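Working notes for the structure below.
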Amino acid sequence: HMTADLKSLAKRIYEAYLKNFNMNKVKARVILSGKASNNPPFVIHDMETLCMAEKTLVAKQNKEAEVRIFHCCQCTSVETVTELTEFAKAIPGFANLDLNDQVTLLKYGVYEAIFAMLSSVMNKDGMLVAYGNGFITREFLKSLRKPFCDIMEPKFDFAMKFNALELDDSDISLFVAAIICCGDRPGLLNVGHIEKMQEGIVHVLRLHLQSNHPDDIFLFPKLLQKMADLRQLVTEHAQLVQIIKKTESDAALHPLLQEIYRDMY
Amino acid sequence: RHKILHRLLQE
Ligand SMILES: CC(C)(Oc1ccc(CCNC(=O)c2ccc(Cl)cc2)cc1)C(=O)O
């Protein structure tokens, strides 16, 4: 099937994934299904239930509801970028890179990786929030005003098709590593070497998908398509973030998030 | 230009 140094590359990536993302698909699916517990997550389905939830998040304000949700999103984004950064540094070859190429890979990778992993925490009707303690409804997110209602629905559309692939966490960690180790991000210095590094990951991903989903024989090309869709998804999402920076005088981006969007698409 | 991201990659 596949050799040792490829098997070693796979488990390094899976273990780094298990270590760096508190929420993962196995844990999310159990909450969502959901056996293992009869105490479901608090459901945030309208303005009133939202305020109930916020009465808990006291220390962590008087802004419009849309903007407060926009703030909860930023907090979740910041720490996922943070975890993603730890995860990247653990991919063999990544830390060896120019450091600059590392910033560039992360800059263009993180949001494709975020929306890939976000699927895990979404079903057709809503998504887990607050580390699995909440569940905010899709319809409620659509019910917000523009352009805030226009942020999640595309992510849901992607997630429903992506979740149809039935990936588990071992697939997803390889997929996320391939997203980040992407040889054609703009401004990369050592395109030749990064490309070598990604073809190793992509190779481990292909053989792993053969072994883990034998009947779904075009799963890998499907995943390749998903990577192109993620790029489009992120470009459009970047466009919406720009429209908000210069149209909503009350939704400042976290500094780290300004770093990533600055000079992107 | 990416000072926080640099920071994160060092620690
Ligand atoms: C925050 C922003 C503007 O857009 C994004 C929106 C959502 C997500 C996914 C992570 N967000 C969550 O898990 C999340 C947490 C709480 C609430 Cl009320 C909604 C969503 C990531 C990014 C971004 O680009 O960072």
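Chains: lettered A, B, ... by order of sequence lines. Just so it is clear, chain A uses the PDB entry numbers, and the residues here are 198-257, 264-468, in order. Here the PDB entry sets the residue numbers for chain B, with the shown residues being 686-696 in order. All heavy atoms count here, side chains included; hydrogens, waters and symmetry mates do not. According to its header, the structure was obtained by X-ray crystallography, 2.4 Å. Numbering of ligands and ligand atoms starts at 1, following listing order.
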- Task: List the drug name recorded for ligand 1.
- Result: bezafibrate
- Message: Could you peek at this structure and say which chain has the most contacts with bezafibrate? A name from UniProt would do.
- Response: Peroxisome proliferator-activated receptor alpha
- Message: Can you give me the letters of other chains with a heavy atom under 4.0 Å from bezafibrate?
- Response: A
- Query: Quick one: nearest non-hydrogen protein atom to atom 7 (C) of bezafibrate, plus distance?
  - Reply: A:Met355 SD, 3.8 Å
- Query: When residues of chain A contacting bezafibrate are grouped by UniProt domain, which group is largest?
  - Reply: NR LBD
- Item | Atom indices of bezafibrate, in the order listed, that fall short of 4.0 Å to a heavy atom of A:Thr279 | 10 (C), 11 (N), 12 (C), 13 (O), 14 (C), 15 (C)
- Query: Nearest protein heavy-atom contact for atom 25 (O) of bezafibrate: which residue, which atom, what distance?
  - Reply: A:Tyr314 OH, 2.5 Å
- Message: Counting non-hydrogen protein atoms only, what is the nearest one to atom 20 (C) of bezafibrate? Give residue, atom name and distance.
- Response: A:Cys276 SG, 3.5 Å
- atom 3 (C) of bezafibrate - nearest protein heavy atom and its distance: A:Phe273 CE1, 3.6 Å
- Item | bezafibrate atoms in contact with A:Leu460 (distance to a heavy atom under 4.0 Å) | 25 (O)
- Query: Of all the atoms in bezafibrate, which lie at a distance below 4.0 Å from a heavy atom belonging to A:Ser280?
  - Reply: 1 (C), 2 (C), 5 (C), 21 (C), 22 (C), 23 (C), 25 (O)
- Message: Could you tell me, atom by atom, which parts of bezafibrate come under 4.0 Å of a heavy atom of A:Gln277?
- Response: 1 (C)
- Closest approach of any protein heavy atom to atom 17 (C) of bezafibrate, naming residue and atom: A:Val332 CG1, 3.7 Å
- Query: Quick one: nearest non-hydrogen protein atom to atom 24 (O) of bezafibrate, plus distance?
  - Reply: A:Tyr464 OH, 2.3 Å
Identify all pairs of nitrogen or oxygen atoms, one from bezafibrate and one from the protein, separated by less than 3.5 Å, and list them with distances.
from, atom 1, to, atom 2, distance (Å)
bezafibrate, 4 (O), A:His440, NE2, 3.4
bezafibrate, 24 (O), A:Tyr314, OH, 3.2
bezafibrate, 24 (O), A:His440, NE2, 2.9
bezafibrate, 24 (O), A:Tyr464, OH, 2.3
bezafibrate, 25 (O), A:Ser280, OG, 2.8
bezafibrate, 25 (O), A:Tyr314, OH, 2.5

